[PDB]
Amino acid sequence: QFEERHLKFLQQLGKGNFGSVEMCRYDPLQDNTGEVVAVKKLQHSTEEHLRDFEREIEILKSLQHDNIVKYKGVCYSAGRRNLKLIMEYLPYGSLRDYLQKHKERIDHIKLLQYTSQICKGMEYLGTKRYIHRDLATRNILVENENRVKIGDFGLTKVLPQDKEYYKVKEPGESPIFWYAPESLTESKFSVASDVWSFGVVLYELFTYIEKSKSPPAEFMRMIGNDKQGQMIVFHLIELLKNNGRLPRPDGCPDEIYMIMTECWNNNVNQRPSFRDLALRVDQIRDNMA
Ligand SMILES: N#CC[C@H](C1CCCC1)n1cc(-c2ncnc3[nH]ccc23)cn1
């Protein structure tokens, strides 16, 4: 639907490093009335990355939910080379940056509003048997002060019809400090490992993204900052096997930390569902108000 010649570059919005997202104006009438949109492209367009990007595009196109960023279309030059994904532009950036910038004015009730929206978006993914695999506040976007959306799906996979997990190992750096133990040890991804990562998201929110309190900083402190390369993963695995966990964030109530620790269960089958997480968050939020 979109022609590359009418996309005017304005700035880069994010880089995630087989791809990037740009802010552009789509101005087909060339009179500066077109709308500002978000444009995702590959940073190094190998055939493998292009096949993955096509699947990512189909996944996002199949999703319609208030808390999932909106698909708008695709753009390609040449024949079908230079594939680009066109999405709605969300003006407040990632939740990670937004939260950090406004920490003094965002209270716990608001954090739980965001939490509940994230759980509803994730439950919807689950109804389609999609596994996000990269849940983190850097992959959540803020549309306005009352609404966030899951904002990136570059690692999302569809479960096989006959299995409840998807086994995949990418080359290179993986966000290991958000990974469930079974993703670290067996490369198994499932709704339940998304629930583990959601617990880490909840942790991030209640730390208000304070620098020294990030999951990597906390876990590296727990394993020893001396550790390097491949040993980091090994020690993380052992740390999690021994029920080492991220600490309760400053100011976080016990009942919210308990949601985190229940998501961080070593037993995959005992982690809560996204519907129950949303139910519990909404009950705490009602109580607080
Ligand atoms: N979410 C998320 C992270 C994602 C980066 C991670 C991988 C490529 C870019 N990203 C998307 C954006 C963005 N910003 C503003 N409006 C948008 N709409 C669709 C994506 C998007 C900024 N960074």
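Residues 843-1131, in that order, are what chain A shows, numbered as in the PDB entry. Start at 1 and go down the list; that is how both ligands and their atoms are numbered. These numbers come from the heavy atoms of this one structure, side chains and all, not from hydrogens, waters or symmetry mates.
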Visitor: What is ligand 1 bound to here, taking the chain with most contacts and naming it as the PDB entry does?
Guide: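 The largest share of contacts goes to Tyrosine-protein kinase JAK2.
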Visitor: For ligand 1, what drug is listed?
Guide: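 That's ruxolitinib.
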Visitor: Within 4.0 Å of ruxolitinib, heavy atoms only, which residues of other chains turn up?
Guide: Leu855, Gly856, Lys857, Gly858, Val863, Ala880, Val911, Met929, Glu930, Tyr931, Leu932, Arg980, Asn981, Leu983, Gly993, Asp994
Visitor: Looking only at distances, can you tell me whether any N or O atom of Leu932, backbone or side chain, sits closer than 3.5 Å to an N or O atom of ruxolitinib?
Guide: yes
Visitor: Distance under 4.0 Å to a non-hydrogen atom of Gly856: what atoms of ruxolitinib satisfy this?
Guide: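 Here the atoms of ruxolitinib in question are 9 (C), 23 (N).
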Visitor: Number the atoms of ruxolitinib from 1 as they appear, then name those within less than 4.0 Å of a heavy atom of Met929, with their elements.
Guide: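 Reading through ruxolitinib atom by atom, the close ones are 19 (C), 20 (C).
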Visitor: Under 3.5 Å between any N/O of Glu930 and any N/O of ruxolitinib: does that happen in this structure?
Guide: yes
Visitor: With atoms numbered from 1 as shown, which atoms in ruxolitinib lie under 4.0 angstrom from a non-hydrogen atom of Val911?
Guide: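 Atoms satisfying the 4.0 Å criterion: 18 (N), 19 (C).
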Visitor: Find all atoms of ruxolitinib within a distance of less than 4.0 Å from any non-hydrogen atom belonging to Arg980, and give their numbers and elements.
Guide: 1 (N), 2 (C), 3 (C)
Visitor: Closer than 4.0 Å to some heavy atom of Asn981 - which atoms of ruxolitinib meet that?
Guide: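 Checking each atom against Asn981, I get 1 (N), 2 (C), 3 (C).
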Visitor: Write out each pair where an N or O from ruxolitinib and one from the protein are under 3.5 Å apart, with the distance.
Guide:
unit_1: ruxolitinib; atom_1: 16 (N); unit_2: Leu932; atom_2: N; d: 3.1
unit_1: ruxolitinib; atom_1: 18 (N); unit_2: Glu930; atom_2: O; d: 2.7

